[PDB]
Every structure is written in structure tokens, then in C-alpha cells.
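A short worksheet on the structure shown next.
Throughout, a chain's letter reflects where its sequence line sits, starting with A, and its residues are numbered from 1. Heavy-atom basis, side chains included; hydrogens, waters and symmetry copies ignored. Read the numbers this way: they start at 1 and go in the same order the structure lists the ligands and their atoms.
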Amino acid sequence: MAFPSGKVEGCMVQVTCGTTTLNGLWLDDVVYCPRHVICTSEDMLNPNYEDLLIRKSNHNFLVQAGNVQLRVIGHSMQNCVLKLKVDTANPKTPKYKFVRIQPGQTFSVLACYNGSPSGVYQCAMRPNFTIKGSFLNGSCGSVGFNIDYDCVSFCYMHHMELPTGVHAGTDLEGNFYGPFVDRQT
Amino acid sequence: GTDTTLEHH
Ligand SMILES: Cn1cnc(Cn2c(=O)nc(Nc3cc4cn(C)nc4cc3Cl)n(Cc3cc(F)c(F)cc3F)c2=O)n1
């Protein structure tokens, strides 16, 4: 059994940088997404993220909530997450907190594609910090959460599928669960 | 020096 997803659906956006696109989480006036978005196809194998960050300006990020483009007015990098400051606060921001979970704990995942919610299901973090999720291409940036009364606890942001078909990602401060790095190897 | 990566919607 997963938690009802309504409170999280209203926070999902699409983030595009050049030709690279994925999902972002829009809370108050900040959009959180995997920093992998600043890679072109050539960069994805061995990215130098500090150097790519320097090359990008605010107007190189295209953030879309449905059909509405949001203006990016600042950007910063925190571990493996990018934080995009936008000029509009999300009117559907629920009460929320960020938390880091442990192996054995379960959470709900809202799988999204190109900024649009697609399905909801429950996962468990395995002892080696991977999860056996149900994720296809385009799902990078999908989030996992629990509901604690009126409060949404965001605990997981999806980054990558590993060669054996399990999945790996970060907490909402950009720190990986497990000994992984955000590169296409 | 400006990034010239083509944007695709
Ligand atoms: C099969 N599967 C299950 N989960 C996933 C998640 N996932 C994803 O959705 N996309 C990825 N790479 C991208 C390719 C792109 C092509 N375009 C045009 N835009 C793209 C954006 C992304 Cl993110 N990847 C791979 C991946 C993503 C990372 F964030 C990372 F750090 C390393 C990686 F190898 C991916 O796993 N796919």
C-alpha cells in the first residue's frame, strides 16, 4: 500500500538544459533536481560538474510546470542536487521536510516521466542501499516520500538504474544512498 | 564565452 500521491503530484515539474531533460521537485520558490541535467550526451560518461556549472547561466534552464514556463533567477549545486531559484512560489507546496532513511525502511515512489506523474507504488531500501523500483527511461528526478499526518517527508530522489536492474539515488540534500556516483558507468 | 548547446523543448 502506497500513500495517496495528491500532495506530491502538484510539486512535479520538467527541467530541461539543452537537450537533456528530467523531473524536478518544486517547493516554495525552489526547484530541486539531479545535477546530471547539466550534462550533454558527451558529458554523461565522465562529467566534470564544477566546470559545467560555470558554463551555465540561469537562462539555459527551461523549467515547465505543465504548460507554464517558470523563470529561473538563480542556481546552485548542493552535492548531487541542483537547486534552481525561480521567480514564482508553488501555490500547492504542502507542509514538508527532508529526511534520510535507513535500509529496511519503506517509502512511496511517485514515478514521473517528463514532469508528469505516472504511477505510485511502495519500495523498500535494501541493505546495500539499492531499491528494486519500477522505473523506465525518463524517470530521473522522481521522488520517494512518506506522509506523517499533514506533513510530507521527502526521502529519495531517483538518479539511475544499475546494471543488475536495481535503482540508486540521493536524499534531498544530494547525498547518495550507498557508494555510488552520478555518472553513466 | 557563452554556452551554445541547442535547446530542444
Ligand atoms: C531505465 N531506467 C530506469 N531508471 C532510469 C533513470 N534514468 C533516466 O531516466 N535517465 C538517464 N539518463 C538520461 C538520459 C537522457 C536523454 N535525454 C534526452 N535526457 C536525458 C536525461 C537523463 Cl537523466 N539515466 C541514466 C543516468 C542518470 C543519472 F542521473 C546519472 F547520474 C547517471 C546515469 F547513467 C537513468 O538512469 N532509467
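- At ligand 1, the drug present is ensitrelvir.
- The chain with the most heavy-atom contacts to ensitrelvir in this structure is named in UniProt as 3C-like proteinase nsp5.
- The letters of other chains with a heavy atom under 4.0 Å from ensitrelvir are A.
- Residue A/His158 places a heavy atom under 4.0 Å from ensitrelvir.
- When only interatomic distances are considered, the shortest N/O to N/O separation between A/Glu161 and ensitrelvir falls below 3.5 Å.
- Set against the non-hydrogen atoms of A/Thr20, the atoms of ensitrelvir under 4.0 Å away are 19 (N), 20 (C), 21 (C).
- For the pair A/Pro34 and ensitrelvir, no heavy-atom separation below 4.0 Å is found.
- Polar contact check, A/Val181 against ensitrelvir: no nitrogen or oxygen pair lies under 3.5 Å apart.
- Under 4.0 angstrom from ensitrelvir, the non-hydrogen atoms of A/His36 all belong to its side chain.
- Most of what chain A uses to contact ensitrelvir comes from UniProt domain Peptidase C30.
- Between A/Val37, A/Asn114, A/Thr21, it is A/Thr21 that holds the heavy atom closest to atom 20 (C) of ensitrelvir.
- With a 4.0 Å cut-off on non-hydrogen atoms, A/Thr19 touches ensitrelvir through its backbone and not its side chain.
- Under 4.0 Å from ensitrelvir, not a single heavy atom of A/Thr185 appears.
- The organism that the entry gives for chain A is Severe acute respiratory syndrome coronavirus 2.
- Within the 4.0 angstrom cut-off, atom 11 (C) of ensitrelvir has no protein heavy-atom neighbours.
- Close approach of ensitrelvir to A/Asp182 (heavy-atom distance below 4.0 Å) involves ligand atoms 31 (F).
- Distance check for atom 5 (C) of ensitrelvir: a protein heavy atom is found below 4.0 Å.
- Protein heavy atoms come within 4.0 Å of atom 31 (F) of ensitrelvir.
- The protein heavy atom nearest to atom 15 (C) of ensitrelvir is A/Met44 CE, 4.1 Å.
- Within 4.0 Å of ensitrelvir, judged by non-hydrogen atoms, the site holds A/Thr19, A/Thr20, A/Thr21, A/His36, A/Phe135, A/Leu136, A/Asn137, A/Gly138, A/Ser139, A/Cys140, A/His158, A/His159, A/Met160, A/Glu161, A/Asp182, A/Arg183, A/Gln184.
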